[PDB]
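Snapshot of chlorzoxazone at Papain-like protease nsp3.
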Amino acid sequence: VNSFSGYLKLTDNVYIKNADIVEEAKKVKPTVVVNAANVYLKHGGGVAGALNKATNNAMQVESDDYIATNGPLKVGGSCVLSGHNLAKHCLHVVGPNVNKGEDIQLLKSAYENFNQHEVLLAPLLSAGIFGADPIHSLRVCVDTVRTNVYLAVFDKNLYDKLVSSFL
Ligand SMILES: O=c1[nH]c2cc(Cl)ccc2o1
């Protein structure tokens with residue numbers, strides 16, 4: 001049994017809700033929240049900008065030190081950093097950004113990072129300002145992630161479309 005409330009069950013391991021990921025993290029304090037990161041961990045906008053704002057910029061300060069030591073992530077890659085006031089840990093995952101011309105096949109590699117964590121609160125990778133089709137992102141999630149994932153969808157309209165169209 002866990003804390004997550006109000007989710008629709010899509011599969012054995014994937015659950016979805018129309019919710020503010022920031023507000024959901026604040027309520028649940030999950031072990032892992034996933035950030036929709038870029039390779040520079042520059043949390044300007046989208047999910048990343050919202051998560052970082054909710055940490056009062058402490059996520060960005062920590063991320064800048066991580067990059068200064070380790071250099072950029074790979075597209076499809078991840079790192080584990082603090083969850084600050086939102087979660088125990090934040091898994092920063094880089095999905096491909098279609099608005100930069102990145103290979104959408106890297107979306108599966110991105111979701112494979114979730115399998116290193118038994119339970120996660122996450123957004124749909126490469127959705128929103130990363131330019132991918134969220135329906136496709138949900139399909140790759142279901143077909144890749146084997147651990148228990150609780151997906152938060154920002155738009156109510158999009159949430160309803162993802163549920164109605166789910167095979
Ligand atoms: O809380 C949130 N969720 C979000 C989802 C997208 Cl795509 C963008 C900004 C967001 O801020």
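Along the sequence shown, the residues carry numbers beginning at 1. Remember, it's 1-based here, ligands and their atoms both numbered in the order they're listed. Determined via X-ray crystallography, 0.9 Å.
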Check: Which residues in other chains are near chlorzoxazone (ligand 1), meaning a non-hydrogen atom under 4.0 Å away?
Finding: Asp20, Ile21, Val22, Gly46, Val47, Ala50, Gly128, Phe154
Note to self: Show the atoms of chlorzoxazone (ligand 1) that are less than 4.0 angstrom away from any heavy atom in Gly128.
What the structure shows: 7 (Cl)
Note to self: I need the nearest protein heavy-atom contact for atom 3 (N) of chlorzoxazone (ligand 1): residue, atom name and distance, please.
What the structure shows: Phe154 CD1, 3.2 Å
Note to self: Can you report which non-hydrogen protein atom sits closest to atom 11 (O) of chlorzoxazone (ligand 1), along with the distance?
What the structure shows: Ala50 CB, 3.3 Å
Margin query: I keep wondering which UniProt domain of chain A most residues near chlorzoxazone (ligand 1) fall into. Any thoughts?
Written below: Macro 1
Check: Among protein heavy atoms, which sits nearest to atom 9 (C) of chlorzoxazone (ligand 1), and what does the distance come to when rounded to 0.1 Å?
Finding: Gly46 C, 3.1 Å
Check: What is the closest protein heavy atom to atom 1 (O) of chlorzoxazone (ligand 1), and at what distance does it sit?
Finding: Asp20 OD1, 3.2 Å
